[PDB]
Structure formats: C-alpha cells, structure tokens
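In this structure, fosfomycin (bound form) is found bound to UDP-N-acetylglucosamine 1-carboxyvinyltransferase.
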Amino acid sequence: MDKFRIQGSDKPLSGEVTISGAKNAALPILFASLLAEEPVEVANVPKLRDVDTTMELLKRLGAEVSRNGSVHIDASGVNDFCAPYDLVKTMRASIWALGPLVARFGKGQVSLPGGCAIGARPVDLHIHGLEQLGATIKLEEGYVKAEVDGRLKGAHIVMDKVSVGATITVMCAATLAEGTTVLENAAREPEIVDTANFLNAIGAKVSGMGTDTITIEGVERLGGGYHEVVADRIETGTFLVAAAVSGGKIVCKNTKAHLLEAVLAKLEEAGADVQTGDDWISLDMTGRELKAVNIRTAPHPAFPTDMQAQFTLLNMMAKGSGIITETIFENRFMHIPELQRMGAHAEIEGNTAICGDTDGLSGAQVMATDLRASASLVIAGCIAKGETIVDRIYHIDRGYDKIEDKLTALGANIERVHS
Ligand SMILES: CC(=O)N[C@H]1[C@@H](OP(=O)(O)OP(=O)(O)OC[C@H]2O[C@@H](n3ccc(=O)[nH]c3=O)[C@H](O)[C@@H]2O)O[C@H](CO)[C@@H](O)[C@@H]1O
Ligand SMILES: *[C@H](C)[C@H](O)P(=O)(O)O
C-alpha cells in the first residue's frame with residue numbers, strides 16, 4: 001500500500017506540465033478495439049493502472065496487446081467472452097466489454113458492478129440499450145449475460161437519462177448492427193467525441209457525436225487504424241486548480257481550452273488570469289485574490305463532476321462561502337471529512353456542500369477513497385503547514401500518470417513511499 005508523503009509549503013506551485021491523454025477516452029477506445037479485426041494503434045495513452053487492467057482484460061479475451069507511447073491491439077484472435085468478477089471489482093469500466101463482444105461475436109458476459117460510495121451507479125441504461133439493439137440479457141450468478149442470434153439490429157433509442165457510459169455502450173455496439181441507430185439524449189462529453197472519432201478511424205460510420213443525437217450506420221466488420229487520444233481535460237483542470245489555490249502560475253501543454261470552458265470560466269470567476277493558445281492553457285494567480293464560486297455539476301459542457309472535489313478545495317481556501325451542488329453523484333463528498341481533518345471548513349447538506357473559510361490547512365494523515373478525492377488531498381498536502389500523509393494512493397494511479405513527478409516539476413515536495 002503506497003502512500004504519498006508531502007511536505008507542505010506556502011510557496012506557489014509554478015512552472016509547466018505536459019498533459020496526458022484522457023483516461024476517460026483511452027478506456028472506452030481500448031474496449032472499442034474489441035470490434036477491430038485488423039491491427040490498431042492508439043497513441044497518447046496515459047500510463048495508469050486502469051489502462052493496465054484494460055490491457056489485461058483485452059489479453060484475457062484473446063487480443064494481442066503491448067504498450068508504450070501508443071497501445072497496440074490485435075483483436076483478430078479474440079476467443080473468450082467473459083469479464084470476470086475479479087476484474088470488474090477492480091474497475092467498473094470493464095462493463096464496456098459487453099457491447100463489443102455481443103455485437104461482434106453474438107455473446108458476452110460481464111460481472112454486474114457492486115456498490116460505489118459516491119452514489120447509486122446502476123447499468124440499467126447499458127442493458128436496456130443493448131436489448132433495444134436485439135440482445136437478450138439475463139442476470140445469472142451476478143453476471144450480466146447477453147446473447148444475440150446473428151447480428152444486432154439498428155434501432156431508435158431514446159435514453160431515459162444522460163449517461164456517458166451507456167452512450168459509449170450503445171454507440172460502439174451499434175457500429176456492427178445491421179442498418180441505422182439513432183441514439184437520442186446522448187452524452188456530449190469530449191471522450192464520446194473521441195471514441196466516435198476512433199470508431200470512424202477503424203471503418204465505422206458515426207455522426208452527431210458532441211450533440212444530443214448520435215447516428216450510427218452499421219457495417220459488417222471493422223478494420224484497424226490509428227488514433228491519438230484527446231488530452232485529459234480533468235488532469236488539465238486539476239493542475240490549473242493547483243496553481244490557483246497556491247497563488248502560482250502554470251502552463252499546461254498539449255491540452256485545449258475547448259474541452260473545459262466551464263472550468264476556465266469558473267477559474268476566472270475565482271479571480272485567476274487564464275490565457276490559452278493553440279494547444280496550451282495557462283493560469284496566473286500571482287498578486288491576485290482567490291474568491292469563492294458557486295458550482296453546479298451537470299453533463300458536458302457544464303462543470304464536470306470530475307472537477308468537483310478539486311473545486312471544493314479551491315472554495316475552502318478562497319475568501320467567501322462557495323456552494324457546490326452535485327447533480328451527478330449525489331454522495332461524492334468523501335474528500336470533505338478528510339479535508340476537515342486538515343482544518344478545512346464546510347457543511348454538507350444533502351447533495352450540496354457549502355464551503356466556508358479557513359485560515360489555512362494543517363498536515364494530517366488522510367485517506368484516498370476515489371480518484372478525484374485523492375487528487376484534491378494531494379494538492380491540499382502541497383499547500384498545508386507541515387507533513388500530510390495520503391494513504392491508499394493506488395486510487396490516484398488509476399486516474400493520473402505519475403502525478404507526483406508533475407507536481408515535483410512545479411516545486412512540490414512529495415515522496416511516493418512503499419510498505
Ligand atoms: C470511466 C469513465 O469514463 N468514467 C466517467 C463516466 O462514468 P459513467 O460512464 O459511469 O457515468 P454516467 O454518465 O453513466 O452516470 C451519470 C449518472 O447516471 C446514472 N446512470 C448511469 C448509467 C445507467 O445505466 N444508469 C444510471 O442511472 C449514474 O448513477 C450517474 O448518476 O462519467 C462520469 C460523469 O462525467 C465521470 O464521473 C466518470 O469519471
Ligand atoms: C465506485 C466503486 C468508485 O468509482 P471506485 O474508486 O471504487 O472504482
């Protein structure tokens with residue numbers, strides 16, 4: 001059990017970071033490569049334990065996989081169709097294997113994900129999406145088992161609710177169905193756009209991505225090809241917040257402002273000087289007062305739930321109260337009790353956190369529990385007085401490529417410690 005040991009400072013975090021490819025685009029694209037009959041190259045793939053878990057599932061199902069800068073997949077030989085209980089419990093994104101397997105091979109099993117602390121996370125929309133495409137699905141011994149006789153069939157699918165995951169499941173599966181799929185009330189996240197762009201690079205016909213209505217005209221087989229994953233907008237946001245809450249200046253390279261306009265506008269609302277270029281974003285906080293903002297999480301292009309913990313920290317440190325309402329995962333406030341151990345002030349009322357003022361943080365032992373809660377704990381440790389120990393940081397390594405190297409380059413004192 002790795003830990004982060006952090007020596008806090010009042011010196012601003014400043015300098016440059018180079019942004020990695022989006023975890024949340026890399027993962028679905030890797031599962032979508034289960035559709036592909038010829039070799040695939042996915043470039044700009046972050047080095048994350050979820051990418052490792054994905055590669056290990058891909059290999060288990062029969063694809064030949066290897067990596068470094070790119071990930072290389074030869075899925076021609078896929079010859080197994082189960083995502084085991086052990087693998088799904090380590091990462092629920094493995095649910096994405098169900099769609100391509102059933103659409104390509106007419107059969108697939110994926111363990112049904114268990115409980116998650118951040119809120120109810122059912123997969124009813126994924127199942128119902130596949131049923132509308134012609135799948136027969138049953139639950140048996142904790143397994144979602146899907147079958148179709150022959151090919152899936154294009155259907156008009158109106159999603160009950162906006163879901164990123166379920167959008168990816170029906171979109172990817174629709175690429176191999178006979179005829180046309182119209183997916184209505186689709187999620188508009190950039191990683192949906194990136195996956196659809198990847199499906200097109202491999203021979204699919206997906207249009208409307210980035211809109212509330214995606215059109216997929218199915219083909220018999222997908223080929224292979226090349227695709228460079230979009231930059232991680234949430235890693236981008238995270239470093240920009242690091243700069244803002246510490247009063248520093250940072251340039252995030254290999255990223256793009258169009259992926260996080262909501263976060264950028266709020267960082268300006270919070271008093272930061274945000275500038276952008278062709279593939280960079282900079283924030284300057286030097287000589288500027290941090291003011292609290294109100295935030296309401298919602299689907300893209302609104303402010304992202306994946307930035308909410310990071311902005312709870314910002315508001316906590318900023319002058320003023322700041323109200324954060326979570327409409328996506330109504331219980332994603334596990335970082336708050338940990339931050340309160342460091343002397344942060346906030347009240348939690350239902351799905352609303354009201355962030356107070358504090359004079360400053362004070363290092364303590366705190367525990368990572370989910371990806372973004374962790375990142376906010378690491379950042380707080382960098383700005384607290386004294387030594388913070390963040391335990392169970394394997395959570396962070398699921399979602400960030402060597403965050404401690406990138407923070408070190410911005411002037412942080414952070415050590416990865418083993419046991
Ligand atoms: C691996 C990955 O890409 N994960 C991201 C993805 O997760 P994920 O794809 O699970 O998130 P969804 O957009 O599907 O979920 C949004 C809401 O819809 C609900 N829901 C979802 C599916 C379903 O079948 N039924 C249902 O009720 C969920 O409980 C949640 O409250 O989008 C989230 C919202 O931006 C991000 O926080 C995650 O980092
Ligand atoms: C729900 C279970 C959370 O996302 P995880 O960090 O446990 O995967």
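We number each residue from 1, following the sequence as shown. Atoms within each ligand, like the ligands themselves, are counted from 1 in listed order. We use all heavy atoms of the structure for the numbers below, so side chains are in, but hydrogens, waters and symmetry mates are not.
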Identify all ligands or chains assigned to fosfomycin (bound form). ligand 2
Give the UniProt active-site residue in chain A with the shortest heavy-atom distance to fosfomycin (bound form), rounded to 1 Å. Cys116, 2 Å
Just need the protein heavy atom nearest to atom 3 (C) of fosfomycin (bound form), so name the residue and atom and give the distance. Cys116 SG, 2.8 Å
What protein heavy atom sits nearest atom 5 (P) of fosfomycin (bound form), and how far off is it? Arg398 NH1, 3.7 Å
What is the overlap between the UDP-N-acetyl-alpha-D-glucosamine-binding residues UniProt gives for chain A and the residues having a heavy atom closer than 4.0 Å to fosfomycin (bound form)? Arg121
Among all protein non-hydrogen atoms, which one is nearest to atom 4 (O) of fosfomycin (bound form), and what is the separation to 0.1 Å? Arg121 NH1, 3.1 Å
Mind telling me the covalent anchor of fosfomycin (bound form), residue and atom, or none? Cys116 SG
Just wondering, which residues come within 4.0 Å of fosfomycin (bound form) on a heavy-atom basis? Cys116, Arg121, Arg398
